[PDB]
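In this structure, tetracycline is found bound to Tetracycline repressor protein class D.
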There are 2 protein chains.
Amino acid sequence: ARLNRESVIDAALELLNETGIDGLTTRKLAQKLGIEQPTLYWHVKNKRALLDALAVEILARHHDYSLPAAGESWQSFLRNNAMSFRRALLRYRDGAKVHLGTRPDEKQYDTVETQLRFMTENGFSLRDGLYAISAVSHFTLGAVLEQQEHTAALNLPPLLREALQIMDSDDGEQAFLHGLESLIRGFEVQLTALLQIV
Amino acid sequence: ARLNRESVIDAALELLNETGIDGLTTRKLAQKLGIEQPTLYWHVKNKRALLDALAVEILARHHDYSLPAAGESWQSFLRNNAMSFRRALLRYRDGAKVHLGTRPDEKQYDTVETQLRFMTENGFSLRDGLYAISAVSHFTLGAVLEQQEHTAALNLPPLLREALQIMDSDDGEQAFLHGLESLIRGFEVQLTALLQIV
Ligand SMILES: CN(C)[C@@H]1C(O)=C(C(N)=O)C(=O)[C@@]2(O)C(O)=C3C(=O)c4c(O)cccc4[C@@](C)(O)[C@H]3C[C@@H]12
Ligand SMILES: CN(C)[C@@H]1C(O)=C(C(N)=O)C(=O)[C@@]2(O)C(O)=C3C(=O)c4c(O)cccc4[C@@](C)(O)[C@H]3C[C@@H]12
Ligand SMILES: [Mg+2]
Ligand SMILES: [Mg+2]
């Protein structure tokens, strides 16, 4: 196998799709590349080093709306960005468990700094723009995770019966797209009121 | 050790606190109870059977505001309920990874049916009350998970520096409590407008 960073991430996403994250061992990655474990360890010191790099890499390969277009509102950027993120995260089995607990990589600094400067520049203070970006990030994570884990880890009172039917009727994209509009409108109400009691 | 359902869940939460979920093996549970694996298997057929039961059990032991008080608004019930849920989930290491992908247990049917009937009874249709309850559930899950995984998996442009400082300054309860008010206000705006374009 060729063994630079790029060929290791590829084999490691490929493997994450067959085994998920808890089956993603440096031993199955060595066996997948057809090499021996001291070879692998020359390159990949460990699983955290690896999970972190994969976190960076799924976004960089599949998360396109990371930057606001010229003339775009903060509400359209937060919508277009969340959807794009939900979808980078669903491209790979356990894509959202991989992201959990990370923090921006140095390779992403210019992108996420632009994002926080665009919010201040639209009237958010740093703390509130930060909180808006986090609630969007945390709601897309918990939504994709409840979807990915339910698919995989496979007498009703009348309403629960009907709700389960609705829940299951699609991938959870409708429930997501609708909670995203409520999140975005609640932030508008906050932004606009500020010192007026609301 | 005594080996009924109740003593198994106890030993299994105890063990989840030392090892987390990926260290929660039926072998370390057998060793923790001081018994042999065929003994254990008479009781606990497997890890899913076990994770599912723990999911039920943390809520039943630590999630108190599962039911609306008499005369409470749907906005105060959604607030009081989300906070209570965030906290059942944080009581145990990897408490929120345990919950992921589950669905209500038969032992919870009366509680979650009441919850969906209270929303319809406050003007939500079943589909929208469902979506409101889910967005609250998915935002508390992704928030607790990003917190629990970051604590555990342990050149800045100016704004990111300051945001990281803010992010870390508390457990993430302030960011959570604030995204929860934006979620709840966006649903009010939806509820009230209905057929009026909004
Ligand atoms: C909201 N949207 C999905 C985000 C985004 O699209 C990012 C991106 N690279 O495109 C993030 O990395 C993004 O997805 C993301 O994960 C972000 C973060 O994790 C954090 C953390 O943990 C702490 C401080 C600041 C941030 C952040 C502002 O960079 C976050 C931006 C998140
Ligand atoms: C929003 N609040 C945190 C909830 C709640 O407090 C529950 C509870 N037992 O107290 C749930 O089980 C609750 O936490 C929860 O997990 C619920 C569900 O998972 C679902 C699922 O997956 C599908 C259909 C219906 C539901 C639900 C209506 O029962 C959910 C209610 C969630
Ligand atoms: Mg992140
Ligand atoms: Mg649930």
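Every chain is numbered from 1, with letters handed out A, B, ... down the list of sequences. Remember, it's 1-based here, ligands and their atoms both numbered in the order they're listed. When reading the values below, keep in mind they use all heavy atoms of this one structure, side chains included, and skip hydrogens, waters and symmetry mates.
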Which ligands or chains in the shown structure match tetracycline? ligands 1 and 2
With a 4.0 Å cut-off on heavy-atom distances, which other chains neighbour tetracycline (ligand 1)? A, B
Give the residue list for tetracycline (ligand 1), heavy-atom cut-off 4.0 Å. A:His63, A:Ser66, A:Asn81, A:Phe85, A:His99, A:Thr102, A:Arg103, A:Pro104, A:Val112, A:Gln115, A:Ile133, A:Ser137, B:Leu164
Closest approach of any protein heavy atom to atom 2 (N) of tetracycline (ligand 1), naming residue and atom: A:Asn81 OD1, 2.7 Å
Nearest protein heavy atom to atom 11 (C) of tetracycline (ligand 1), by residue and atom, and its distance? A:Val112 CG1, 3.9 Å
For atom 14 (O) of tetracycline (ligand 1), closest protein heavy-atom neighbour: A:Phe85 CE1, 3.2 Å
Relative to the heavy atoms of A:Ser137, which atoms of tetracycline (ligand 1) are at a distance of less than 4.0 Å? 1 (C), 2 (N), 3 (C), 32 (C)
If I apply the N/O under 3.5 Å rule, does A:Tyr65 come out as touching tetracycline (ligand 1)? no
Which atoms from tetracycline (ligand 1) have a heavy atom of A:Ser66 less than 4.0 Å away? 10 (O)
Show which atoms of tetracycline (ligand 1) fall inside a sub-4.0 Å distance from at least one heavy-atom site of A:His99. 16 (O)
Just distances here: any N/O of A:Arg103 and N/O of tetracycline (ligand 1) closer than 3.5 Å? yes
Which shown ligands and ions, other than tetracycline (ligand 1), have any atom nearer than 4.0 Å to that drug? ligand 3 (magnesium ion)
Considering heavy atoms of the protein only, find what lies nearest to atom 25 (C) of tetracycline (ligand 1) and give residue, atom and distance to 0.1 Å. B:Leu160 CD1, 4.1 Å
If you have a sec, work out which protein heavy atom is nearest atom 31 (C) of tetracycline (ligand 1) and how many Å separate them, to one decimal? A:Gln115 OE1, 3.5 Å
Protein contact to atom 30 (C) of tetracycline (ligand 1) [nearest heavy atom, distance to 0.1 Å]: A:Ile133 CG2, 4.0 Å
List the closest protein heavy-atom neighbour of atom 18 (C) of tetracycline (ligand 1): residue, atom name, distance to the nearest 0.1 Å. A:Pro104 CG, 4.1 Å
Tell me which UniProt tetracycline-binding residues in chain A have a heavy atom less than 4.0 Å from tetracycline (ligand 1). A:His63, A:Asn81
Give the atoms of tetracycline (ligand 1), by number and element, whose distance to some non-hydrogen atom of A:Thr102 is under 4.0 Å. 22 (O)
Any idea what organism chain A is from, going by the entry? Escherichia coli
Tetracycline (ligand 1) atoms in contact with A:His63 (distance to a heavy atom under 4.0 Å): 5 (C), 6 (O), 8 (C), 10 (O)
UniProt Mg(2+) site of chain A, residues within 4.0 Å of tetracycline (ligand 1) by heavy atom: A:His99
Give the atom numbers and elements of tetracycline (ligand 1) that come within less than 4.0 Å of a heavy atom of B:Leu164. 23 (C), 24 (C)
Hey, is tetracycline (ligand 1) close enough to A:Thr111 that some N/O pair sits below 3.5 Å? no
Expected rows: tetracycline (ligand 1) N/O, protein N/O, dist below 3.5 Å:
from, atom 1, to, atom 2, distance (Å)
tetracycline (ligand 1), 2 (N), A:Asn81, OD1, 2.7
tetracycline (ligand 1), 6 (O), A:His63, NE2, 2.7
tetracycline (ligand 1), 6 (O), A:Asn81, OD1, 3.3
tetracycline (ligand 1), 6 (O), A:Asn81, ND2, 2.9
tetracycline (ligand 1), 6 (O), A:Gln115, NE2, 3.4
tetracycline (ligand 1), 10 (O), A:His63, NE2, 2.6
tetracycline (ligand 1), 10 (O), A:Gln115, NE2, 3.4
tetracycline (ligand 1), 16 (O), A:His99, NE2, 3.0
tetracycline (ligand 1), 22 (O), A:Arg103, NE, 3.2

